[PDB]
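The model below depicts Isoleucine--tRNA ligase holding mupirocin.
Naming: A, B, ... by sequence-line order, numbering from 1 per chain. Note that ligands are numbered from 1 as they come in the structure, with each ligand's atoms numbered from 1 the same way.
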Protein chains: 2
Amino acid sequence: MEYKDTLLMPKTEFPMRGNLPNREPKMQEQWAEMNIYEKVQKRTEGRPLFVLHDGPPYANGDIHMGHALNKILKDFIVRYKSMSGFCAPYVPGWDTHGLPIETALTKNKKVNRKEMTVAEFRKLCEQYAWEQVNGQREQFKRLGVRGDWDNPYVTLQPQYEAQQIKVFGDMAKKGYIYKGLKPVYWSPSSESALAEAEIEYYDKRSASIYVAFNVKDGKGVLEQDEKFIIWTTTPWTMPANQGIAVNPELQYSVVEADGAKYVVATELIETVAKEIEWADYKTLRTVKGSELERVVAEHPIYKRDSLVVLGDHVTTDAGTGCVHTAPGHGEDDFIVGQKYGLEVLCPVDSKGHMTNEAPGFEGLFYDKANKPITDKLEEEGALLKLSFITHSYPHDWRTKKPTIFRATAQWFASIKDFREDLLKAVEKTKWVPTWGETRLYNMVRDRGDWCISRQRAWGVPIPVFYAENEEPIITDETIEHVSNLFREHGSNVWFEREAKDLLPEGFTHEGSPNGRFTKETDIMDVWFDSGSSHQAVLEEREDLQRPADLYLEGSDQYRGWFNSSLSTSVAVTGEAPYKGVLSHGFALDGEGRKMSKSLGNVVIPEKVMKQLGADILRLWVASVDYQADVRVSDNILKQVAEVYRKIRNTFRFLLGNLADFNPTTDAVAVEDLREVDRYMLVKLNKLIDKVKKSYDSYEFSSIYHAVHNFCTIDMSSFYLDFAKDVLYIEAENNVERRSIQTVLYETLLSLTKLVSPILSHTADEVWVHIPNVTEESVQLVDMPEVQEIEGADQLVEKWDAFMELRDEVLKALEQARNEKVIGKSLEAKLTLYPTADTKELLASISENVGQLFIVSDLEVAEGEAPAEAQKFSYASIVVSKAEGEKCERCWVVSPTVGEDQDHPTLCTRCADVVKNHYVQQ
Amino acid sequence: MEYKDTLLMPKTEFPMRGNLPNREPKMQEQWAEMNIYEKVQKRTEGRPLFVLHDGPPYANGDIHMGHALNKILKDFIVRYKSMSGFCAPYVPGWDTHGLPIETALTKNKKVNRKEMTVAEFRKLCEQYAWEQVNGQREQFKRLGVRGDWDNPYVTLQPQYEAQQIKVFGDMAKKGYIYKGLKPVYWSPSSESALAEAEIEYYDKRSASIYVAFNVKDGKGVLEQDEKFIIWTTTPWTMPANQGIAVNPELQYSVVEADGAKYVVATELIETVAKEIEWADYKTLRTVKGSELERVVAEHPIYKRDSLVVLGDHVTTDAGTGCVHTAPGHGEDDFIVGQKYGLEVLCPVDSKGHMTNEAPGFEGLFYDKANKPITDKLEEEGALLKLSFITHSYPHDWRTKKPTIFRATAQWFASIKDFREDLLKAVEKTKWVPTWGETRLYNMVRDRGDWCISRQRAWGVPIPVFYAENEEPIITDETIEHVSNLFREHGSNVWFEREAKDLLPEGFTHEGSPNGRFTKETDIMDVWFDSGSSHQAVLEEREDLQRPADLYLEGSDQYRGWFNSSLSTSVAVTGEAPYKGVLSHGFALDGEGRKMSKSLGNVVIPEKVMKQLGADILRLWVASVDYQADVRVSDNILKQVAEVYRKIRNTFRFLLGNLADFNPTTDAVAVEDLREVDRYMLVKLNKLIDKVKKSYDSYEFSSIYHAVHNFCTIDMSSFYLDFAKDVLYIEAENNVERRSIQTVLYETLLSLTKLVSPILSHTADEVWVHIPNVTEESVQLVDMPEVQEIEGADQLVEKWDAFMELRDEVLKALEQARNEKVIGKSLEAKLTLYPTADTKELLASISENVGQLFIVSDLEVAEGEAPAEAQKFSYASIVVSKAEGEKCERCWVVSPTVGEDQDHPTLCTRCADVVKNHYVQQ
Ligand SMILES: C/C(=C\C(=O)OCCCCCCCCC(=O)O)C[C@@H]1OC[C@H](C[C@@H]2O[C@H]2[C@@H](C)[C@H](C)O)[C@@H](O)[C@H]1O
Ligand SMILES: C/C(=C\C(=O)OCCCCCCCCC(=O)O)C[C@@H]1OC[C@H](C[C@@H]2O[C@H]2[C@@H](C)[C@H](C)O)[C@@H](O)[C@H]1O
Ligand SMILES: [Cl-]
Ligand SMILES: [Cl-]
Ligand SMILES: [Cl-]
Ligand SMILES: [Cl-]
Ligand code: NA
Ligand code: NA
Ligand code: NA
Ligand SMILES: [Zn+2]
Ligand SMILES: [Zn+2]
């Protein structure tokens, strides 16, 4: 069809389809060639600092959806702050110590820790961590996250290790760090101790046994015919037994059951009667618990003496009232054991095997030793009832294997001494979400003492020496000298040098007469490694500072990084390491379930960027309420990708219709342009404030919907459809067109900046094509600032009413189309019977209201109720087919067609345009 | 002949605009005359029984959103079951006994109880209660909820009271009912005892004091110059002190602080030192709490003995380690008080005023007595610290005024004697959400005995007689006789006649040799009234049975109706009253804040029904995940109205285009149906399966989204989009048109039946206009069943690919019109450059794909795609202007237009249709 060449069609090299999986890597390569992170940090050099301290992810395996969610949220804030008058350094980190690196390394080539020196094994661990760090670094940078990826912090760095030593020493000189014997969580699979924060409770099968302890010395309160009934679910602790615990205040009874005399707490007589399946049980004598103290009983197996002891831990809620007591396993057994001087017998190997202190079961795994023990109890007749019951049991954090209690000398951290200062730090830090304040406050007050000793090789050694008299040596001189050595040669010097070589020259200890010294071989828990980041990173580096403004990790870090960082920082500095905390939820599937490999519901970040691209994944992050748990799936991302497509088309339209627009000259003053064009500018400015405030308040979901509605409803539904009849049909320098292009140019420039934090790849793609831009990247400009328009309030009042009318005419047009009256709006004549208020609104409008409704004919009658034709709130509307022939250029139905023999198929406007602007009269 | 007169436009009496506020009442009047509930119950009288027992709402005021949510949720299940092969009797209830109704007549109306008897006053209470029942009944009926509204149950009914008396008697017979002197919640405003279910915790500002108790005799452990420090926020409990409670296994230290020696717990010394603001405090000695048992302390005011007592309840979490023990104002104080034989002193009366047992403070309100006590304490030199704090405090359920603890003789139900049976009953019940099992399991395990006696007038009497020896009389003979009298005369007979006339004719009790008897005046707890509804309704009504299938109430009923109904039912029957329980959350506003008259964020069902209609509110209930707290505002409902309009438009299209369709003659069998038509039937069968399975799982939001998507993307956007061309233009008996009408008629029947439980008003509105229908209402038919379609897997495999192709085609068409290439899809030629798979798909479709794309021309090219082509996954598409002339009838652009000289403006198809069917026969 002719006259198609006489239209000003959109023209832009910005493609309709982004092809993000193949385009984004080019953008990322171009960003790196720019050194964009250095450019932004140098442009904002003289700006108030905003420091978001990166929590160190563990350097093992590929990044999961939680890693992408965490890093993308951080990237949003750092990018926004870099464009809002702040200097926003970002130093990503990595946690590179602990058991997981050791276990993965061992089976990588079936290498063994016993075939290599500890120093050699650690060096391979360091190599493995660096390989994992590099893999995660390139995956993170594929997400589009900007940062100092070439100068990260890793916990294996000698400078990091040295600073961690100082943090340990400061807590040591303040009395917070102490050593002592205590039953602690132990993982036989890991052959090292654990902590309550490292223990998860899972259900397991256990043997519930009722054992009989026959009395040896009744001490005038019991006879020898009577026996004590203990109940335990851990038969492997029986070889460690040292006594029977009874509650002093509780009343105990002697029971005649099945021809035997049994001692059981009175309140649990019938409960035990059901369990042991007694027949005709009679109560003989009732006694008080304090009477039973120091009564001598006999161990069923070894026939040694068990001392009846008084303890509060005895409860009538579950059991027999008489509690088997072994100080080696169980803390409540230990406290009462030390009260009476009972021996701390712990006959379990570091690998879970019974040692020489358990005759008849030596060299057996404890779970495999339960049956020989229960059999031995039956042989002597001490076994009363055996029933297997499933119950909650402590388990290892990663190996998911059961953990037992062993009485071993470890190192601990006393939160109690400075617990008040922790509380003041909990309230002084802003918490988003708000309930996090209560979560950490209850954690601090209910906290016990933090065990910090691990019997592993890969980690930071405990910088403690021992003299000849076996006394711990922790002075400020020793801590400082160790820290300097770790700074110079790393933590491996602790395992390749003698203890005398790790102390200052000429070091003398009053407990060491011959100058002989020994060194601790334990290492710190990795929660101490990651918790010292505020000292080794925030305060060590020039580009950062302490406290950091923000700490952004998941909700699982209230027990971890949020807690460990506070404990060390308050201990050493007296204040919190963060000015505020932001917490996000976990990533779930579409069904709302946790992702697991067995179910196959895991969404891999690598596959999302291979199939959809990073920008979509970031747009998903902005679309969800991160502060609670979120969902993501193939269908959920497809919905986001459709939204991203709508936004991208909005950008392409702006660029396409600005191809002939010079912002330096062709721009129209806001006063001089039209009201409807000025109305869109006000809406743009309303959008600018909402997005910036939503960025400030960290409400990114609001940004997601605000831009989505602006692109779909405000721009494409009304303004872009309305602008087609001017941008395409009218002359290039038509005053109405230049006013439209001016609003489009303003909309394009501001919207590109607004979405730069989130759609980082697309924003720079749009930015290059924007006319009259003089910066390399949109990241190098500040956010748009709201401008107030003269008479904005009156302008909004008038045109908000017009939009109400426009919605009503749109419904009427849709109904008319459904009744086969018109195929499109241009084929329609709209006659309006309005209210007097509606009429005065239409008289105040100087624009072609028919063109604003995209119709060929608009009539406002003098006033007469029609024959029941589309009654609406503002007016009654009749939709008629327009009269005349259709112009072959703008497809309007007007009688003006054919009034000029030159171009006899065109209307007056289109004939003039070709005559005067393509032929020039 | 006008060409528009030759189009088969839709014709139906179903209005486009619902006008639900003005038309739903007419529907409800039509239901009322039908006796639709009676008809449904009779139609299904042989069907198996499903019982959803209605929880009785209090009849005091208008219904709120929680009520509307509850009933509509109940109405969903009862309606669905009645259509799913069950008999579903729904019997609404009302709780009519209670203090709020008693208070309203006393205060709001001009009723003085001096002028009338108690029985006459209760008659007024019944009259006021009935008015509220009638008011709520109409409001509930306006929601559209079906049920036996004309024969409901109320707690004041003589039969209801007769069975409640039976419940008391059976529990009393089993020994679960007793009268005892124990501390209970007491409301001074109501002058009555209370229960934790009738307690609301509010913030209260009280005075926090620290009081020194001098030591009278240290018994070799303490010294005469040493003192106990106690902490309390209730100074009015000081006159009732009897001793100092300590924890037997906590360590207590004698601390000399600012020239005074005090006894506090070791772990609380620093906390105490901060509150009293001690300057110099030193720990002198240390003893365990067990050693302090014999110590006798001095009461600060009255100088009487204060026995140090040992108690497990004494905690180190707040105040000092020493708690002042008043057995008459606390549960834990009473337990230890009985252990040591302490006097149960309650110097406060039922009106909250200090009695003579508190010399120096007699006649004062407890709040007004705190200041004199603290002043006297300071004058005696025992007040170490006075502070004012704000903390959560128990308040009255009705008056919203703070309560106190008073030791009084009340009636209790001993849960402890059958708590094992309750817990087993909880585990044999299904809970949705599942966590509701944990809530009741923990509540039953951790609860005390239930105080069931109230000192009010409006409620069921406690059916106990007392003899001359003042011993209680509860026998099966007396309980049945009272129950018979209550069934024939009502509960007022207890307040009208005397005790002798309330006993059996010949009654002999050894405790009344003279024959004189007395009757208890206390009434039952309103929770007992509601908690007996299983015996008083399910076992009494012959259309119901016990156990009920389902209890459906809010999350506030785990302590309320669910617990009390379980407690009475398990006591009397040994089983739970319900097979399963469904819990819903509370209704919030758009921001998620609780509704409040202060904020003005309350959504009133009465207004919603007057401005939007019940069906919108019913549609919102299905729209939310009711099993947790939900949100609703005017904007939220307006969003739901948009969804309703789409659904109503879908129904209006089906009715309009089935005007000429008679199923008896014009139906096309599935074998003779087209593939795309059978493909729609396959998708319809999938809708049937998911919707019915979602009703069975109580997952209504699934039905909400499934129906919305089916009407919008599967029907309005896809099937109805190309059905218009056949339906409006082709001949009436055209087989393609009949095939579409067959699918529409099948969908119209299934859709109306599926949505009947939710959009009840609109489903019956559509059902009347459905062609060739015999049943009076949609409620009187069963749900549609899923029928297999041959080749469904192959049908879905193909046409799903076609649907995805069409969406890409639609995206291409939308882009073309935005570039002024076309104005309408009918003005376009589609040129497709398909992939290899797409080429196969388009060859396997026997239908006119160009017709299915609503275009005038389609061309699948074999050449390379041009550079300007729109790239997509399935194909590269070029949208051009269709060649030819537009047909005046069907608006298609074909070269065949202008061939028929009899119809110069018609294409070949339209010209033949007019000539063979509209000009001729
Ligand atoms: C919300 C989270 C995971 C998630 O949402 O994961 C959901 C996706 C899991 C997919 C399943 C994986 C396959 C295994 C299976 O079978 O299940 C937790 C967050 O992770 C990111 C960050 C991890 C950093 O290391 C932590 C630092 C702070 C500490 C000092 O060490 C941190 O912010 C963390 O809190
Ligand atoms: C989910 C609920 C309220 C809600 O969601 O409230 C939302 C609306 C609150 C309106 C507040 C108005 C402003 C007040 C202000 O000023 O603050 C609670 C449920 O209610 C329905 C039913 C009530 C029946 O009587 C209960 C029975 C079972 C018992 C035996 O008596 C029951 O299911 C109940 O559990
Ligand atoms: Cl503004
Ligand atoms: Cl004219
Ligand atoms: Cl209760
Ligand atoms: Cl279920
Ligand atoms: Na600033
Ligand atoms: Na609008
Ligand atoms: Na209790
Ligand atoms: Zn024109
Ligand atoms: Zn035609």
### Query
What is the full set of ligands or chains that belong to mupirocin?
ligands 1 and 2
#### Entry: Other-chain contacts of mupirocin (ligand 2), heavy atoms, cut-off 4.0 Å
B
### Task
Report the source organism for chain B from the entry.
Priestia megaterium
### Query
What are the neighbouring residues of mupirocin (ligand 2) within 4.0 Å, counting only heavy atoms?
B:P56, B:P57, B:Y58, B:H64, B:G66, B:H67, B:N70, B:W527, B:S530, B:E553, B:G554, B:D556, B:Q557, B:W561, B:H584, B:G585, B:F586, B:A587, B:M595, B:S596, B:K597, B:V602
